[PDB]
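So the structure is just underneath, and the comments pick up after that.
Lettering follows sequence order; numbering is per chain, from 1. Just so it is clear, the values below take in all heavy atoms, side chains as well, and ignore hydrogens, waters and symmetry mates. Method reported for this entry: X-ray crystallography, 2.2 Å. Start at 1 and go down the list; that is how both ligands and their atoms are numbered.
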Amino acid sequence: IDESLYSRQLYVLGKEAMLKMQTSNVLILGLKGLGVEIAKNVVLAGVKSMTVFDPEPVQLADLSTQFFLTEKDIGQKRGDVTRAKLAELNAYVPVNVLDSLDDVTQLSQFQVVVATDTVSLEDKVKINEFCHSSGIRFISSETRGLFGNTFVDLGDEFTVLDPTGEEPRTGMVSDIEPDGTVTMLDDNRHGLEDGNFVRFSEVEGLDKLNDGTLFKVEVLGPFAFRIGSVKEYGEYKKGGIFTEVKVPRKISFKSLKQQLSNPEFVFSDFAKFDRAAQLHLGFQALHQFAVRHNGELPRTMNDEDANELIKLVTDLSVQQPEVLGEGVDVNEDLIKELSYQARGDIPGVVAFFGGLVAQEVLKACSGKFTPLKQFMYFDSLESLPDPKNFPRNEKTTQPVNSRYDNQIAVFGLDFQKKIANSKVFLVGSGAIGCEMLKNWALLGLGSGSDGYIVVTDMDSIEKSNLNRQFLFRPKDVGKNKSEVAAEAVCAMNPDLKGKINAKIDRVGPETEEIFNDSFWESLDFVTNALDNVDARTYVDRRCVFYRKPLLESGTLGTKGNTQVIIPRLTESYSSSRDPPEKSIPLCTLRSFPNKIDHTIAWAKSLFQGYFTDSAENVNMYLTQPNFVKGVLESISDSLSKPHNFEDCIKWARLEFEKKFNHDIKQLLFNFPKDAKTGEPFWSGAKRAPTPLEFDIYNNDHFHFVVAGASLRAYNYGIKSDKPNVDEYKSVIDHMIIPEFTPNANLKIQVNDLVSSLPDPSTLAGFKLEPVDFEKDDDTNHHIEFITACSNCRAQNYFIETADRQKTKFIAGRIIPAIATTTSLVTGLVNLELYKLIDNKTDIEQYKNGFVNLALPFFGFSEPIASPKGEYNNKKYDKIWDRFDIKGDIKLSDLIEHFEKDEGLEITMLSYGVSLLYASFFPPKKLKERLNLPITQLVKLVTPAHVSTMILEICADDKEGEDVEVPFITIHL
Amino acid sequence: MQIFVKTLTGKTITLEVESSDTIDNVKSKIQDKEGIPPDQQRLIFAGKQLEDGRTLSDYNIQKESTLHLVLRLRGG
Ligand SMILES: *NS(=O)(=O)OC[C@H]1C[C@@H](Nc2ccnc3cc(-c4cccc(SC(F)(F)F)c4)nn23)[C@H](O)[C@@H]1O
């Protein structure tokens, strides 16, 4: 498994799943937008081979969602044209065309068969039956306008090896009673659920309990669970770690034929659970209609065909009585919209199912995650504009011989033209950005004479990006993300030539001169495509300030979300909080690690100190007269100095001794293995360490020295560069290793001289080269050092060692990421975007989305309305309103204005972190303050680009009492 | 009555509640069971996000109903 390509995805799927996918041959039937989208995500993910079958000729209307088709491809076979472009996505994945599927027996070569919207229901049934009865995994999906479905049949016996992909739960135990009641140490939560399984280690007094045996969990509150009787195992003394184990689950799927009569549903939207059974008949009725009308779907917006489809569904509910159940009528209005939209081909919907179905493919190859069982239906009918604004009829939704015809089919020509005339800002050109830009290419968004796209990203393209940022190729590595992405989508849709402004600027407080008042005011809306919470907060504050709609989204492995922020309507992104990152106690890091996370963070800090901070501090000391407690000692060590690589080896060997032998002996001097508080000192989170005796045959000991030496050599400009054990031995064997001598006067925290330095005169021209941490270059020794260093400390404290991949995950702070979730959430964003185009003011039409493809789970919620407030019986919006003040006002006038116009006594006035005025200030301070313009007042407490100043205020109302009030904007 | 809360990780939580309980009170019960402070909880049911100051019955939450505890994700 090529870690350098598959890095981020490996953290989602794991090595075993990806090994299994790499043995899997996948066939996709149909390469309209849906098939190409599934194929893109599957090829990127990495299977053994991809085969596509679509001998149908390319027509112009296919380009609605098929981003690998161009106008020059018209007349040629969809398969043939698409094959070459798919092949480019992943060089490890062979892409073949199947020329004909005359013999259903050809399917025997494949592990997974996907039937898309080019396959008739009749044929799907025949293909599924062959697949089911042969042990071939079958998946189908079809999209029809704003509607879509998927069906999964993984055969009679399918094994799920990991249902969720979540990290197994672990925890420290303080007691196990003879009935099997396990008590957690202190206030540690086990996080377990009834029916989970755990294994045990280090449970003293119960010996065989620790052999890898699994125990069923009965949860008794958040700090206790029961495993059943342990009398026979012995009697509990002390210690213990539980580890959660995921057991395999055998599951049975029914064939498509059986599932047509008695379907099993997963819901996409619980607000719409009733529609699933309705659409199940609807989708079947569409195929029956096509049978009766020589392969034709219902005519667009046609009332006559809609009535036929309604009659077809009504008739089918009789033949399939278990679908709707007793006393439930045909939802005629719903079926009517399905008929009306049947020919539609909508990017957002194609992307939603493309992502979802591709994930189902990966599950079918690997046994990783819980498969969809077995049908899912989706609609996004809220995306439809108000018919008052954009009427839908046979005239307005007619083909105009255009790539957008199957979008016009749903929305009408005028709405399509409004999409084209949107001015949009996209912040980020990575995974979400690429999927966004593709979607926008397919929409022709910003291609009209009044429209444009601004996309910005400061970052360049790297190898690990290519697994999920599909607009980029290996040739593009090193180039700018935004610029490359812009060019790629213009090649997809020439309508966007001259309409995308690809910028390389980083959005933040430092680029407000570029992204100024004028820039934001011109925009219709903003879309986030970010990987950082602060970046999102920054953009959200700008959209609040300029009153612009914001489309927000995010992913983490199989998990994803979308949020819509609407001026004067909803709360914004910053209005609510997400869990903060958990902070490790300093004493746990310093002296008492019990998890690999602790040893990794310690190793990374050590890496920083040794090879970055040390070098920087020396360089500053030698060039800066001003320079002059821990810092001082590092400078002297750095300067009292290797002349060759051998000296670097010696240094690292001595560091080994210091960190993993001497310091440990010092800690044990302070707190002997036997020490007591009643209870032992070394218990629970405190694990009695053992000093390491350097053994070059131990991989961690060896690589600590190799990497430490190579990094020290880099600091001092010594030529470095597999490492040979005997070569390193020929240095280390001759070394005298100083004995440990205990410092009696050293205090160790349990719970959370100067003229020795050499004269910079004597070392002129001397400079250290500081290391810049680079997690994605496997030749620089960085991860090698952090892994080895962490592992030696893990050895000290009897913590299980980790490999390079896990260490890189934690030390590199890598976000797990995969194309499937990215394309799915981006689809959902684009279904909301339609609502922005129609300027919807009904909050109940909008949907914030929440997904986890592992489960699979789909859920939506209406956005929260902006909280409203009052002062002196005047109502205001707590998110959207502000006090706009014209001109560089004098403080006294500002105070006067608020008393006269608002009935507010300003009690406090601030600009950023600076306090400018308070009602408790004394006359002397007030005199130097009251008569100054705000800029001068700010100057007194502390730029030409600046046109506005944001001020915060506390205030009392007319009846004297404190009152929450909005911010002030001073317009300069 | 019994209701269920499913997290985005697949975990099911069982709560004993009354129709007239506030959303604030359900969140307090979730905090006891899971440790998540009420301000960090996003509960969704039948197309709505549950807000403080309203009751379960306001959202037509019935016996054996499932609520979803959901999250916002930072990657992209
Ligand atoms: N999910 S991904 O595949 O990794 O792709 C994510 C994109 C997002 C790009 N980042 C990016 C693009 C444009 N502007 C900014 C600004 C920031 C940023 C980040 C942290 C702090 C701050 S200062 C603050 F918070 F705004 F006040 C700004 N990141 N930006 C990535 O380059 C990647 O391509």
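- The drug candidate or drug found at ligand 1 is named MLN7243 (bound form).
- Per UniProt, the macromolecule making the most contacts with MLN7243 (bound form) here is Ubiquitin-activating enzyme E1 1.
- Other chains making heavy-atom contacts shorter than 4.0 Å with MLN7243 (bound form): A, B.
- Using a 4.0 Å cut-off to heavy atoms of A:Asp459, the atoms of MLN7243 (bound form) that qualify are 32 (O).
- Scanning the protein for heavy atoms near atom 29 (N) of MLN7243 (bound form), the closest one is A:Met458 CE, 3.6 Å.
- The shortest contact between atom 19 (C) of MLN7243 (bound form) and any protein heavy atom is with A:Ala535 CB, 3.7 Å.
- Not one N or O of A:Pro509 is nearer than 3.5 Å to an N or O of MLN7243 (bound form), by distance alone.
- In the deposited model, the covalent adduct of MLN7243 (bound form) forms at B:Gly76 C.
- Annotation: atom 32 (O) of MLN7243 (bound form) to nearest protein heavy atom, A:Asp457 OD1, 2.6 Å.
- With a 4.0 Å heavy-atom cut-off, MLN7243 (bound form) is reached by the side chain of A:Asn532 but not by its N, CA, C or O.
- Remark: MLN7243 (bound form) and A:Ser429 share no N or O pair separated by less than 3.5 Å (distance only, no angle test).
- Residue A:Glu510 places every heavy atom at 4.0 Å or more from MLN7243 (bound form).
- The entry lists chain B as Ubiquitin.
- The part of A:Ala529 lying near MLN7243 (bound form) is the backbone, judged by heavy-atom distances below 4.0 Å.
- The nearest protein atom to atom 2 (S) of MLN7243 (bound form), hydrogens excluded, is given as B:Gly76 C, 2.6 Å; this is a heavy-atom distance.
- Short contacts between MLN7243 (bound form) and A:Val427, defined as distances under 4.0 Å to a heavy atom of the residue, involve ligand atoms 13 (C), 14 (N).
- Any N or O atom pair closer than 3.5 Å counts here, and A:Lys481 shares at least one such pair with MLN7243 (bound form).
- As for UniProt ATP-binding residues in chain A, a heavy atom under 4.0 Å from MLN7243 (bound form) is present in A:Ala431, A:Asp457, A:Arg468, A:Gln469, A:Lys481, A:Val507, A:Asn532.
- Between A:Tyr538 and MLN7243 (bound form), not a single N/O pair is under 3.5 Å apart.
- When hydrogens are left out, the protein atom nearest atom 14 (N) of MLN7243 (bound form) is A:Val507 N, 3.2 Å; that is the closest non-hydrogen contact.
- Close contacts between MLN7243 (bound form) and A:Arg468 involve ligand atoms 3 (O), 4 (O) [criterion: under 4.0 Å to a heavy atom].
- Here is the list of MLN7243 (bound form) atoms found below 4.0 Å of a heavy atom in A:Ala431: 2 (S), 3 (O), 5 (O).
- The source organism of chain A, per the PDB record, is Saccharomyces cerevisiae (strain ATCC 204508 / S288c).
- Counting protein heavy atoms only, atom 22 (C) of MLN7243 (bound form) is closest to A:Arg506 NH2, 3.0 Å.
- Among the UniProt-annotated Mg(2+)-binding residues of chain A, those with a heavy atom closer than 4.0 Å to MLN7243 (bound form) are the following: A:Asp459, A:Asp531.
- For the pair A:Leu530 and MLN7243 (bound form), the shortest N or O to N or O distance does not fall below 3.5 Å.
- Applying a cut-off of 4.0 Å to heavy atoms, one finds the binding site of MLN7243 (bound form) to be A:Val427, A:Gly428, A:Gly430, A:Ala431, A:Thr456, A:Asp457, A:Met458, A:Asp459, A:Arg468, A:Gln469, A:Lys481, A:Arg506, A:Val507, A:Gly508, A:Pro509, A:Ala529, A:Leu530, A:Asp531, A:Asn532, A:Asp534, A:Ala535, A:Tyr538, B:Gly75, B:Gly76.
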